[PDB]
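In this PDB entry you will find peramivir.
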There are 4 protein chains.
Amino acid sequence: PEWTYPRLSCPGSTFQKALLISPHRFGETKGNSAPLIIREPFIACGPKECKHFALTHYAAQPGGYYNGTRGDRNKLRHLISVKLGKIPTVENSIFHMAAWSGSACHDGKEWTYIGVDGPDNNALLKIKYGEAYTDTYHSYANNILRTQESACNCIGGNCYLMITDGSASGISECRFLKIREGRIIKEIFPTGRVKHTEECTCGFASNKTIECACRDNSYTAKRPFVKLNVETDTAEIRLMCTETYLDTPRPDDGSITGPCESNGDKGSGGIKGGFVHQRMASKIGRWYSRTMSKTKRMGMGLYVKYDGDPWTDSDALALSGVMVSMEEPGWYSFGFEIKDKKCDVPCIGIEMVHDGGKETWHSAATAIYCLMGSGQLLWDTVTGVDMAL
Amino acid sequence: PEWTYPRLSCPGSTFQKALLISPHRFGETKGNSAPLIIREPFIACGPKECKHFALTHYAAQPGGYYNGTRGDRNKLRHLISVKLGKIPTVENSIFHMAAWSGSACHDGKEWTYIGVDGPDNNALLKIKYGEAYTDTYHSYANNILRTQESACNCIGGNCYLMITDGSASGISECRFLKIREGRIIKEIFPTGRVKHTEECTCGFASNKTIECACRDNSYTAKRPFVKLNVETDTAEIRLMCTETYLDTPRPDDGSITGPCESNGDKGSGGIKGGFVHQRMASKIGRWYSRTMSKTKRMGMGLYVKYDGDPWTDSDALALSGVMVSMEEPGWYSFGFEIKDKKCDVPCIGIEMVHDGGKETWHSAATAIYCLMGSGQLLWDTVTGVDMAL
Amino acid sequence: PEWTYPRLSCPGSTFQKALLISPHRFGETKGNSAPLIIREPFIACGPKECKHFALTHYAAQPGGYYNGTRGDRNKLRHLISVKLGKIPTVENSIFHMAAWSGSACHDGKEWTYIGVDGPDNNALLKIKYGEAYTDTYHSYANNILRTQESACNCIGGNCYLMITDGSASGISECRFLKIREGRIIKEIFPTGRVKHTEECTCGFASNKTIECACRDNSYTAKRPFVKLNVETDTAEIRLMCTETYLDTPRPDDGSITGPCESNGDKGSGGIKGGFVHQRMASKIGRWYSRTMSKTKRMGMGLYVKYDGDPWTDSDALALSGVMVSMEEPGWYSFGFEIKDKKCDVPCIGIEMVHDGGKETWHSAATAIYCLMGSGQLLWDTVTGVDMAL
Amino acid sequence: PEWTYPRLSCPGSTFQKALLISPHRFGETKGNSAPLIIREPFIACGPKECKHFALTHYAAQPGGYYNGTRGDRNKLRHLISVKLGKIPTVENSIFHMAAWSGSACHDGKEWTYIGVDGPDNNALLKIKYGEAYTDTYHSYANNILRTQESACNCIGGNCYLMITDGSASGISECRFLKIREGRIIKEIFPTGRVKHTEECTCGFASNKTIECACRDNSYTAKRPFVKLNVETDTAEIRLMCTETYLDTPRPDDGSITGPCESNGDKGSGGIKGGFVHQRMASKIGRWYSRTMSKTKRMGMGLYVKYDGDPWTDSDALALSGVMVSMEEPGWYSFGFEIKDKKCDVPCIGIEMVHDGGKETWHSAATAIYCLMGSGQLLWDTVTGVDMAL
Ligand SMILES: *[C@@H]1O[C@H](CO)[C@@H](O[C@@H]2O[C@H](CO)[C@@H](O)[C@H](O)[C@H]2NC(C)=O)[C@H](O)[C@H]1NC(C)=O
Ligand SMILES: *[C@@H]1O[C@H](CO)[C@@H](O[C@@H]2O[C@H](CO)[C@@H](O)[C@H](O)[C@H]2NC(C)=O)[C@H](O)[C@H]1NC(C)=O
Ligand SMILES: *[C@@H]1O[C@H](CO)[C@@H](O[C@@H]2O[C@H](CO)[C@@H](O)[C@H](O)[C@H]2NC(C)=O)[C@H](O)[C@H]1NC(C)=O
Ligand SMILES: *[C@@H]1O[C@H](CO)[C@@H](O[C@@H]2O[C@H](CO)[C@@H](O)[C@H](O)[C@H]2NC(C)=O)[C@H](O)[C@H]1NC(C)=O
Ligand SMILES: CCC(CC)[C@H](NC(C)=O)[C@@H]1[C@H](O)[C@@H](C(=O)O)C[C@H]1NC(=N)N
Ligand SMILES: CCC(CC)[C@H](NC(C)=O)[C@@H]1[C@H](O)[C@@H](C(=O)O)C[C@H]1NC(=N)N
Ligand SMILES: CCC(CC)[C@H](NC(C)=O)[C@@H]1[C@H](O)[C@@H](C(=O)O)C[C@H]1NC(=N)N
Ligand SMILES: CCC(CC)[C@H](NC(C)=O)[C@@H]1[C@H](O)[C@@H](C(=O)O)C[C@H]1NC(=N)N
Ligand SMILES: [Ca+2]
Ligand SMILES: [Ca+2]
Ligand SMILES: [Ca+2]
Ligand SMILES: [Ca+2]
């Protein structure tokens, strides 16, 4: 089989609600099912199949191991998948590797799986190519080495991946790894605005360029925006100039005074953001998602911009529709691409966390919206879970 | 692999009881299983395999989410399948897409999946070709856009599908979509008696003609009868003339006074009806199913007519046997075709709803009868479920 | 792929304990599993794979549907399988068809499935070739038409199957059906001792002859013994002459006075018996199983005879070992053949029924012994189920 | 497909934590899962896939059959597998054969499965090639005939396996079987220090030599060390000379006075030990695991030695890291090899037994560490199970 490359996108001018995976709809005390407790879900597709990934706390609902499940990192957390459309339960799932931070992607021939574990002060990125554990990468700032929580991107067999290391409250200067058949064949050190880049959501703008919309957990509600040239293996990063700030928390739209590079206020904390390309013959569409609340992880709106340059564009993104209403959880979001026979379908996935605090179970549904047809986005997504059951 | 075409039917002159799928036989409080709560099941087959589809309420029995499950449309309802012969449970099932109205069919190369969701006033038909979301179609009468709840039909790669839009109590003028590799390549606007057509059950009479037996939810207990010419992509609709009225409710057989086109009385409400062709070298068999009760969704009898013209034939259909006795639920029914090595097996499927009102769970078994051998239909089907358990 | 033929058996001179499938070891009230309630298990293999068949009461343990489960025939009973080695549970199982009497076999290219249902006075044998329902056969004595409860046997694409019809207490004159790609291409009417033949266990003695060891439910504890010539499609039946009477109940060995054809006493009732061939270059081995108790369904011993003629041989069979001790249930038993790369492995399977009467659940484990190596049979099989749990 | 041969190992200089399979994390009373009760897990891989084997007590947690589950041998114990990464539950598992001692391995074309059962005084090794039961081997010392509890090793189609027979407290003189397409084509009788060899962990040092690190259950805390020449099918055994005694219990490192062959003290009892080769172009790495406690089955450290000769090397092994801390169970350990596209990944697996005595359930998690990247081993493995739940 042949290496995959980004293709022209399938025809379409709007996203529509596609699929909800709400495994805790079957988690009642009165029920008989074992959905896995998870967070940081993402989706990645090869030629034939999409897989729904997540980071489990290796516990189920109903169950006795709720405690710790609101936590980020421990020695039990694993990267798991199911084929997309299956409920990720104890039995349907496969456990790929120990991980408290993840990524995966298909290169046309095989699956690369990425999982970070280790102690906070010296963590370790591991790479699996199919069945074989294949390579590692070491902590360079000795402070919670970390990856995308979304799909890596492969072209001509060469798979690119964002990592970062550093204080979540401070300086976290990201790197990219060029990976081929599961082995690291180079490190790319971005230039430009590089002081804090987290959890990049990356995809192909063309055969020459990968672009990522990332999270600054410390200094700004603007998303750092990566442009990675895969011909030269060089990357530059600058803040998104759009007045439609995509992070949460954030201040009012347009309120960050001054030129594109201005950090502004209300920039502490953050959330991973969805971002996907629509590649047309002579026009590029960029689709983004952000929370409906400016302050809390509630709701998710979808946004679009055709052409321009996200580094210098001060104008608003166009609100394309409400995916998750203000009354429903809107947590992490991510882009991915489904492979049709002759073209690529852009989609956004949304993690809808069931959050009842540290004294209950802590897990998530995943909602999916994809480019399809014409017109306007029509319907929002609810999880339907009562956390008391 | 090659596109499929309708073939000559396998030899046979009677249907026989084939298979019951009664997932709630494993739904007891005292039990350990998770059958999905569903309705509107149907079956569709490719060359190798049949799939058993249904519209889930995304809830299981036993479970805490019974409430709403008697309802028709909500934001949780999804199109699901299992391979035919598997119990559609939480874990065996795959979730294809968000849908409160569905259809699917195989074209010889791949599966097309159809699901309608959206608000009642502006609903949306979505199309999936394998993994890829592929096209949409918009509400044209802004009143619960709707589809077959049974298999679409593909020939030479071209897959045809009935939709309708309009008041369930009033005018609902249906359309057909010609779909190819998941994309709509034309709309067909039927002529003739077109004031209310719902939930058509369609199949091939030949390589030139698709025929459908549909439901009039407002004006008549006679079934509107579609004839769609796939060479010219044109369709005409007229009422079935048979005295053996196939809808429920209905008046006594023969009691609708006057010529073929007369609407008659007791025509308010309705039920989707099974219908399948037996294609022979020089004779066509049409098999239909209708409820044993004239008024309630109880029982299911099978009926046949060889040759003639359902638009002008006033004679009775021949009662071929009792599939479901008067004492057992007989809800929706549908036709489909199993692909043998060299010929096609016609079958009727019957949805047997467990109905205990809005304050209990609301789901369904599926019974299957197929053409096989000679003689007379021998045995009826019971679900065996006690809804108190 | 090519049609299968019986081959020379793999080397070996003894059977050994191979595999127990005891699905009710996971059926506790305190447990979380759903093993299917079943009886009449058998096993059949193609080139790649063996399937473990049984007739379910469409109920699980734990569950609310125990009542009726001791019964032989009803409208819920179905033929199911799993790949051999899997626990036949609600979810692992596939439901092939409605059946209260069954058989299956692979012809090298595809699976033929056989299931009888219908009313007692007019029952119906149904045939499925892969997915397609394909043929039927009608009741000829209008009294519980019935089949093998073990594998049919295919050669050169032609699959042979024993059926019978008649009073279980009286005259039940069996027939054979020659089936090809799921269609009956002839009926064979045996000659000879034909007054009562039930539940034949059949296999290949050579490319020319199929042989069966059957049950007489009325007149004798000797097993009727079929020899079917597949070149001429003719069959003759005579009683087994061996003093080692293989039925249960039975009188003491050797106590049936007079010549081979003598019926003797203690012949009322019966049990289906295991029987398998070991085909060697210039010697034929016949392996049989019978209960350790002469009167009750307790224990199972394995027996062998090389060469001779079972119709005229008065000598004892050689006791080869105890498969199930006197203290464990020994119910139906059956032969089958596993396909190695170049040769065929003969095996006997034993149904070990959990019998606590009509007021508890009624189901069965399956024990498997196969030809393997040299020496002497070493270990017996226990089910390990406490029916109180 | 072609026979497999040992290849050059994938690049790497350290092991890292890869994967935990902790099926009892889903075994709570309050939960809905059925993990199998097991012990003696091991892993074996073919070209495409790794399988996770174990010896079940044919019981689940939660369940009613805990009693006996601390025991070594009974008539219910079976060899089971799942694909590596799946939770071995009642439904995910396949049951290969009755066994209370096991082994498996892939030869490039098919799976060989090994299982010993029988009475203690006359036990029986059985061999399965795919589906077919294929050969047996008899007890030669009439005292619990036994095998590796880890993978056999195939080269050019020829698969080698260690067995032993004899008193666990006394003389147990092991043998090797050369097996080809499931049939024993020779016995190899080792020479040298042969008085007690148990549970050898074997792999390829090269195309010419298999090496094993075994357990002496009676006379020494030094591991007997096998070198098997596959060209000549001859084997010699001597004690490991290293001061880093790999058995448990053991005395202080270096305390066994005298030359390499000295037995020393604290040698009664034992544990099976992990051992895997790293084959380089002109250097051989040997990786071993031993318990952190000198006396109890607690913790697991990983060790390495490059080149030398384990029979004559008195020097210490290099401590490479702590896989399981002193506070966590460290029971059996084993080596295996994952097949990358062009090279072989060495790994160690560790059985982490949940031991609460004979009056609770007795089962095990499996931890996996593999060669991957550079540097130092970073993280230990905990099971996370509270046996009270
Ligand atoms: C990027 O490059 C790929 C690979 O070169 C392009 O895919 C080719 O597209 C043409 C049809 O336009 C096919 O005939 C070739 O078979 C494809 N090659 C491969 C290796 O798949 C793709 O069109 C390019 N994508 C862009 C420009 O967006
Ligand atoms: C409808 O058309 C199809 C396709 O042309 C017919 O199928 C052909 O049947 C002949 C044998 O009668 C085969 O040799 C061809 O291979 C078939 N073609 C294809 C593309 O499958 C089919 O017989 C027709 N069905 C009718 C008339 O009912
Ligand atoms: C019965 O007939 C079959 C089919 O003719 C025999 O199988 C053949 O065996 C030879 C080797 O002895 C192979 O070269 C052929 O390929 C086989 N043919 C087929 C169609 O499989 C088989 O040996 C015979 N069995 C007996 C005599 O017991
Ligand atoms: C052991 O022998 C095998 C088989 O001969 C060697 O595998 C060969 O390796 C070369 C490349 O180095 C390939 O071109 C061949 O296709 C391989 N042959 C087979 C049959 O796989 C292997 O390199 C040897 N392993 C060692 C020396 O460790
Ligand atoms: C402290 C660094 C954070 C990234 C900005 C942190 N990442 C990790 C790997 O711990 C994320 C953050 O704390 C949590 C969130 O914001 O939802 C999830 C959390 N992500 C994961 N648990 N994998
Ligand atoms: C109001 C329009 C009706 C069609 C005539 C209605 N269709 C939908 C899509 O809501 C059906 C009808 O109300 C119910 C029935 O008759 O059983 C099922 C119901 N079908 C579905 N829930 N999919
Ligand atoms: C009354 C005729 C009997 C055959 C001799 C009878 N067969 C059927 C099809 O009902 C069997 C017999 O009654 C029971 C037994 O002997 O175990 C099983 C039973 N077999 C099945 N339930 N399939
Ligand atoms: C008495 C001989 C022992 C080998 C040294 C013994 N082997 C068997 C087959 O019974 C092992 C030992 O008793 C137990 C242990 O040490 O953990 C496991 C146990 N292994 C198994 N139950 N398969
Ligand atoms: Ca921020
Ligand atoms: Ca009507
Ligand atoms: Ca008898
Ligand atoms: Ca020792």
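The alphabet sets the chain names here, A first, running in the order the sequence lines are given. Per the PDB entry, chain A residues shown: 78-466, in order. The PDB entry numbering applies to chain B: residues 78-466, in that order. Numbers in chain C track the PDB entry; the residues on display, in order, are 78-466. Chain D is numbered as in the PDB entry; the shown residues are, in order, 78-466. Structure method, as recorded: X-ray crystallography, 2.0 Å. Just follow the structure's listing: the first ligand is 1, and inside any ligand the first atom is 1.
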Point out each ligand or chain corresponding to peramivir.
-> ligands 5, 6, 7 and 8
What does the PDB entry call the chain with the greatest number of heavy-atom pairs under 4.5 Å to peramivir (ligand 6)?
-> Neuraminidase
Chains in contact with peramivir (ligand 6) (heavy atoms under 4.0 Å) | B
For peramivir (ligand 6), which residues in other chains have any heavy atom nearer than 4.0 Å?
-> B/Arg116, B/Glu117, B/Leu132, B/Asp149, B/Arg150, B/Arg154, B/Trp177, B/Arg223, B/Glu226, B/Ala245, B/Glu275, B/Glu276, B/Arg292, B/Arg374, B/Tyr409
If we only count N/O pairs under 3.5 Å, is B/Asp149 in contact with peramivir (ligand 6)?
-> yes
Could you list the atoms of peramivir (ligand 6) found under 4.0 angstrom from a heavy atom of B/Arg116?
-> 15 (C), 17 (O), 18 (C)
Which of the numbered atoms in peramivir (ligand 6) are below 4.0 angstrom from a heavy atom of B/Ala245?
-> 1 (C), 2 (C)
Any N/O of B/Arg223 closer than 3.5 Å to an N/O of peramivir (ligand 6)?
-> no
Where peramivir (ligand 6) meets B/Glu275 - atom numbers and elements under 4.0 angstrom, heavy-atom basis = 4 (C), 5 (C)
Relative to the heavy atoms of B/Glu276, which atoms of peramivir (ligand 6) are at a distance of less than 4.0 Å?
-> 4 (C), 11 (C)
Nearest neighbour in protein (non-hydrogen) for atom 11 (C) of peramivir (ligand 6) | B/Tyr409 OH, 3.4 Å
Any idea which protein heavy atom is nearest atom 23 (N) of peramivir (ligand 6), and the distance to it?
-> B/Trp177 O, 2.8 Å
Contacting atoms of peramivir (ligand 6), where contact means under 4.0 angstrom from a heavy atom of B/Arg150 | 8 (C), 10 (O)
Check each atom of peramivir (ligand 6) against the heavy atoms of B/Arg154 and keep those under 4.0 Å away; list them by number with element.
-> 22 (N)
Extract all N/O-N/O pairs under 3.5 Å that connect peramivir (ligand 6) to the protein, and present each with both atom names and the distance rounded to 0.1 Å.
residue              : atom   : partner  : partner atom : Å
peramivir (ligand 6) : 10 (O) : B/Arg150 : NH1          : 2.7
peramivir (ligand 6) : 13 (O) : B/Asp149 : OD2          : 2.7
peramivir (ligand 6) : 16 (O) : B/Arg292 : NH1          : 3.1
peramivir (ligand 6) : 16 (O) : B/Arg292 : NH2          : 3.1
peramivir (ligand 6) : 16 (O) : B/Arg374 : NH2          : 3.0
peramivir (ligand 6) : 16 (O) : B/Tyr409 : OH           : 3.0
peramivir (ligand 6) : 17 (O) : B/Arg116 : NH1          : 2.9
peramivir (ligand 6) : 17 (O) : B/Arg116 : NH2          : 3.2
peramivir (ligand 6) : 17 (O) : B/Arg374 : NH1          : 2.9
peramivir (ligand 6) : 17 (O) : B/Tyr409 : OH           : 3.1
peramivir (ligand 6) : 22 (N) : B/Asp149 : O            : 3.1
peramivir (ligand 6) : 22 (N) : B/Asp149 : OD1          : 3.0
peramivir (ligand 6) : 22 (N) : B/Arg154 : NH1          : 3.2
peramivir (ligand 6) : 23 (N) : B/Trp177 : O            : 2.8
peramivir (ligand 6) : 23 (N) : B/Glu226 : OE2          : 3.0

